[PDB]
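Notes on a structure featuring (S)-(-)-nicotine.
In what follows, every chain begins at residue 1, and chains take the letters A, B, ... in the order their sequences are listed. The basis for the numbers below is simple: all heavy atoms, side chains too, and nothing from hydrogens, waters or symmetry mates. All ligand and atom numbering here is 1-based and tracks the order in the structure.
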Amino acid sequence: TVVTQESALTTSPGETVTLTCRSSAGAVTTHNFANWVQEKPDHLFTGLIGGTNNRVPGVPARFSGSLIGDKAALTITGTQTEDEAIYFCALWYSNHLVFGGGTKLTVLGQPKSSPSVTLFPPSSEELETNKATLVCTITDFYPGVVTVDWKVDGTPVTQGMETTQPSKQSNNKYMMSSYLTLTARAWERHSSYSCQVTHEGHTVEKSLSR
Amino acid sequence: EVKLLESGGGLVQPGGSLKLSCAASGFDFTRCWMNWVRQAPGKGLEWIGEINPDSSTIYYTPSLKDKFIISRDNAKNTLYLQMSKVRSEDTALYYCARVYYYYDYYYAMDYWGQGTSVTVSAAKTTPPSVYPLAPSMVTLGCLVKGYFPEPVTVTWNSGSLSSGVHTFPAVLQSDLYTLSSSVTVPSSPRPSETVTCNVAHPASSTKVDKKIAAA
Ligand SMILES: CN1CCC[C@H]1c1cccnc1
């Protein structure tokens, strides 16, 4: 029923990384015919492994499939920068296939860059409609894992915000956007607004006051 | 050139029904099992089912057997997916994939369709409200708020400012989509030369031009 993979793994090019694929229904065996699929930006999926350990022709030799203990494995050796991607495993159970949740593989192929953060206040035109949307643009960060917190008069906001999943810029860095949508009442009931972007332990704050 | 061109997706009313097509090309469709898999907005991949070359065996994810009917017409090199009593949870990109029997030794989901989007919503065509985002270099932008359905297209100065432009993915909120587009420009030309974003929403047959000015 539930196939589990590491949510995210980080490696550096040339190193060896191993993604695993575990099953709620017991040990993974060759009878589960583990498949590995790569997803690259623009919803581009390519089959990597089938039958646990068979490499699809055309896939670079550095990819291989195997079993490790009670789990199927995808191994990348001499990992290239282009291997930064999402990898789904899929296990076969007699009459249906179940995909894992996927592993976001980071291959450090660029120097660490901190996110450039811009906090825009609500526009005057939008306030006329009695809504107030603050827009936090987050650009030029690598690796592409960021967490975003919004503070209204110092309270962690937990609803009314939507944050984009990191998207690959042209410079191979990552970018993202976050919105905090308030009623005009909420906007005028409070005075301190801050968008906090956390990237690789350090946190960057942009803030404004009504 | 294995091609898996999908079609038949789009907007469907909740409780409604849809039939997706996956037109195969560049290989022998009749020696290949075929599958369907979907990927919702933020979640990962979910298998739907797969079909025998001669449709003697048809497999489904158990919890989906009653909502989806997989089929194929080898005469048209095409695979089909019927959706019925669809709910909002069924909003996702739907992929067809070739599950090729390599060397009669192992199966592999090698070639995948580009994907066709299925949006389950009762919402109506809503044009976007375009708002100007403004306070070394300068960061400007445009908020493209509350449109339905996707897509919208954005350019700056009619597609001349291409350096520094970042148009982000849309978010969904209250059935309506929103996105933003920013442009970082030398502080000299703003104010100074004029920056204007150009938003296009084909569904509503709307185009909006908004100029960025200081608060
Ligand atoms: C091809 N199907 C029938 C036997 C195995 C199953 C399958 C589905 C997806 C990937 N590999 C195998």
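Lab note: most contacts to (S)-(-)-nicotine come from the chain the PDB entry lists as NIC311 Fab Heavy Chain. In contact with (S)-(-)-nicotine at heavy-atom distances under 4.0 Å, by letter: A, B. The source organism of chain B, per the PDB record, is Mus musculus. The protein heavy atom nearest to atom 6 (C) of (S)-(-)-nicotine is B:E50 OE2, 3.3 Å.
Protein heavy atom nearest atom 11 (N) of (S)-(-)-nicotine, with residue, atom name and distance: A:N35 ND2, 3.4 Å. By its own naming, the entry calls chain A NIC311 Fab Light Chain. Considering both main-chain and side-chain atoms, A:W92 never comes within under 3.5 Å of (S)-(-)-nicotine through any nitrogen or oxygen pair. Residue B:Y107 approaches (S)-(-)-nicotine through these ligand atoms, each under 4.0 Å from one of its heavy atoms: 1 (C), 11 (N), 12 (C). The site surrounding (S)-(-)-nicotine, defined by heavy atoms under 4.0 Å, contains A:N35, A:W92, A:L97, B:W33, B:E50, B:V99, B:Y107.
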